[PDB]
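This entry carries trimethoprim.
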Amino acid sequence: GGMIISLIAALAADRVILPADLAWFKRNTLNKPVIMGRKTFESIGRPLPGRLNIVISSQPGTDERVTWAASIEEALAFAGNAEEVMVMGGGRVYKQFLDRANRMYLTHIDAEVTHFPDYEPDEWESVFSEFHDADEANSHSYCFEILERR
Ligand SMILES: COc1cc(Cc2cnc(N)nc2N)cc(OC)c1OC
Ligand SMILES: [Cl-]
Ligand SMILES: [Cl-]
Ligand SMILES: [Cl-]
């Protein structure tokens, strides 16, 4: 019943948008509809297996392995009856969906290194936190966080 729109993003120092983070992203997107910007799809260069790939863009695309949406309302309709839709970037897409999003999956990475939208922390409360030190596989330390709208 109903639908929850969730943002998922890896944020470095500032709002600027690591195998462990990819596992976390895989953990929280698999078996769910996914909405991404055209540039993000280009960067990934493929469809993500195990989920419905919705690419939101003003113009169509030559890749029919994914579904192309012309507006946010079209993208949400393409999610069907899914309980939760994952909005996975990029920065323009996060801007588009922030007001409609009630959940946020954030990975904070300790790297200096296009900004994530500014949001009032007063409107969001943390419902999960987990810190991980860098190790052999991961060059940096990172913190996983899930925020839900007050
Ligand atoms: C799964 O592969 C990718 C995924 C993403 C999106 C993404 C990746 N990580 C997190 N925490 N949130 C996201 N929205 C971004 C990527 O680079 C554009 C990817 O290629 C490595
Ligand atoms: Cl698949
Ligand atoms: Cl729109
Ligand atoms: Cl902004």
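In this chain, residues are counted from 1 in sequence order. Atoms within a ligand are numbered from 1 in the order they appear, just like the ligands themselves. The basis for the numbers below is simple: all heavy atoms, side chains too, and nothing from hydrogens, waters or symmetry mates.
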In what form does the model contain trimethoprim: which ligands or which chains? ligand 1
Which macromolecule does trimethoprim make the most contacts with, named the way the PDB entry names it? Dihydrofolate reductase
Trimethoprim binding site, heavy-atom cut-off 4.0 Å: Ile8, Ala9, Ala10, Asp21, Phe25, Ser43, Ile44, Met88, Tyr94, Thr107
Element-labelled atoms of trimethoprim that are located less than 4.0 Å from some non-hydrogen atom of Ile8: 12 (N), 13 (C), 14 (N)
Tell me the protein heavy atom at minimum distance from atom 16 (C) of trimethoprim, and give that distance in Å. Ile44 CG1, 4.1 Å
Give a yes or no on whether atom 1 (C) of trimethoprim lies under 4.0 Å from any heavy atom of the protein. yes
Closest protein heavy atom to atom 11 (N) of trimethoprim, given as residue, atom name and distance to 0.1 Å: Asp21 OD1, 2.8 Å
Atom indices of trimethoprim within 4.0 angstrom of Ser43 heavy atoms, with elements: 17 (O), 18 (C)
Provide the number and element of each atom of trimethoprim under 4.0 Å from a heavy atom of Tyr94. 14 (N)
Quick one: which trimethoprim atoms are inside 4.0 Å of a heavy atom on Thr107? 11 (N)
Heavy-atom contacts with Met88 under 4.0 Å: which atoms of trimethoprim show up? List them by number with element. 6 (C), 14 (N)
Taking atom 13 (C) of trimethoprim as the reference point, the nearest protein heavy atom with its distance: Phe25 CD1, 3.4 Å
Would you check the N or O atoms of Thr40, main chain and side chain alike, for any that come under 3.5 Å of an N or O of trimethoprim? no
Can you produce the list of protein nitrogen or oxygen atoms under 3.5 Å from a nitrogen or oxygen of trimethoprim, alongside each distance?
residue, atom, partner, partner atom, Å
trimethoprim, 9 (N), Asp21, OD2, 2.9
trimethoprim, 11 (N), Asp21, OD1, 2.8
trimethoprim, 11 (N), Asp21, OD2, 3.2
trimethoprim, 14 (N), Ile8, O, 2.8
trimethoprim, 14 (N), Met88, O, 3.1
trimethoprim, 14 (N), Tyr94, OH, 3.4

